[PDB]
Amino acid sequence: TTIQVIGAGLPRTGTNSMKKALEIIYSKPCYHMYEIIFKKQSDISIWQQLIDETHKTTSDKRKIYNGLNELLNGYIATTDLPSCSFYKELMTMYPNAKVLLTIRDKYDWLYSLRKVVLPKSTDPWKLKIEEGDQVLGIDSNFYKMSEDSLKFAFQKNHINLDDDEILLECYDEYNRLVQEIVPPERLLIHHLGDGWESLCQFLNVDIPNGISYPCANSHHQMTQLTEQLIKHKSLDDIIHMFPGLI
Ligand SMILES: Nc1ncnc2c1ncn2[C@@H]1O[C@H](COP(=O)(O)O)[C@@H](OP(=O)(O)O)[C@H]1O
Ligand SMILES: CC(C)NC[C@@H]1CCc2cc(CO)c([N+](=O)[O-])cc2N1
Ligand SMILES: [Ca+2]
Ligand SMILES: [Ca+2]
Ligand SMILES: [Ca+2]
């Protein structure tokens with residue numbers, strides 16, 4: 001199995017629902033950050049090595065392709081960070097693969113990112129995220145990898161991640177750049193809420209007859225998951241409160 005769909009959309013743009021939609025369409029796994037967090041934490045250090053290679057002035061792209069092939073063996077599609085930041089390298093590796101860009105209102109995106117992924121350094125909620133992550137075995141190596149992959153997506157060496165203007169500017173620029181670099185015939189821009197119609201047409205499949213388009217991974221659910229992880233101290237003992245999570 002090889003990559004058929006490359007998801008270029010940023011975190012908090014509907015990537016987990018798209019992951020679930022592609023798994024329905026193809027009956028084969030799709031990569032997502034939640035594969036790392038909940039299934040393959042050993043992938044963190046491999047992604048870090050790939051991201052480190054992007055920091056060099058002249059990255060060895062073939063070293064990156066090699067690592068990507070290893071990470072993505074067995075998967076038919078990618079979404080979310082860290083893979084989205086590698087969409088150009090994936091397009092070269094898989095020239096027949098189609099590219100998705102999931103997108104949403106930038107201000108809704110920023111809030112979602114701040115509540116789930118990248119709280120500001122002085123937000124007390126950041127401590128709750130850290131505590132709940134500790135329950136999952138997630139440590140500082142994960143945060144470094146996630147942040148470095150977002151900076152690679154935004155093509156920045158340093159950025160003050162607490163600066164909302166920079167994040168909004170980079171979101172807009174990233175989404176613009178995808179449309180500048182990917183030929184339109186190979187790109188579907190999927191707006192949050194769009195559903196099956198445009199995706200199935202783009203992928204040359206019928207709409208799945210009696211299956212609703214997924215609506216997964218809301219910030220409310222992620223906040224509740226963090227709170228329950230902290231209180232109950234176990235994923236397995238609370239997972240049933242979050243049906244369809246992983
Ligand atoms: N079918 C759908 N329709 C509307 N919003 C959806 C959706 N599927 C996911 N979302 C929203 O997409 C965001 C998650 O994206 P990702 O999976 O990339 O992290 C969440 O936004 P909120 O945080 O505003 O709730 C989620 O509610
Ligand atoms: C489970 C919860 C208590 N903490 C883990 C959360 C899960 C959601 C999440 C999603 C992304 C992008 O999908 C990233 N990310 O890009 O770093 C980090 C996190 N962190
Ligand atoms: Ca480089
Ligand atoms: Ca500016
Ligand atoms: Ca629709």
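Nothing fancy with the numbering, it's 1 onward along the sequence. Below, each value reflects all heavy atoms present in this structure, side chains not excepted, and no hydrogens, waters or symmetry copies. Going by what the header records, the deposited coordinates were determined by X-ray crystallography, 1.7 Å. One-based numbering, in listed order, for ligands and for the atoms of each.
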Drug name at ligand 2? oxamniquine
Partner of oxamniquine with most atom pairs under 4.5 Å, per the PDB entry: Sulfotransferase
Part of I138 with heavy atoms under 4.0 Å of oxamniquine, whether side chain, backbone, both or neither: neither
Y34 contact mode with oxamniquine (heavy-atom cut-off under 4.0 Å): side chain
Closest non-hydrogen protein atom to atom 19 (C) of oxamniquine, residue and atom name please, with distance? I37 CD1, 4.1 Å
Which organism, per the PDB entry, is the source of chain A? Schistosoma haematobium
Atom 16 (O) of oxamniquine: which of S149, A153, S146, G132 has the nearest heavy atom? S146
Would you mind running through oxamniquine and noting each atom that sits below 4.0 Å from a heavy atom of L229? 3 (C)
List oxamniquine atoms under 4.0 Å from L225, heavy atoms only on the residue side. 1 (C)
Looking only at protein heavy atoms, which one is nearest to atom 11 (C) of oxamniquine, and what is the separation? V117 CG2, 3.7 Å
Considering only heavy atoms, which of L136, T226, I230 lies nearest to atom 1 (C) of oxamniquine? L136
Quick check on contacts: which atoms of oxamniquine are under 4.0 angstrom from a heavy atom of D133? 2 (C), 3 (C), 4 (N), 5 (C)
Heavy-atom nearest neighbour in the protein, as seen from atom 13 (O) of oxamniquine, with distance rounded to 0.1 Å: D80 OD2, 2.4 Å
Define the binding site of oxamniquine with a non-hydrogen cut-off of 4.0 Å. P11, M33, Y34, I37, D80, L81, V116, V117, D133, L136, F142, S146, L225, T226, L229
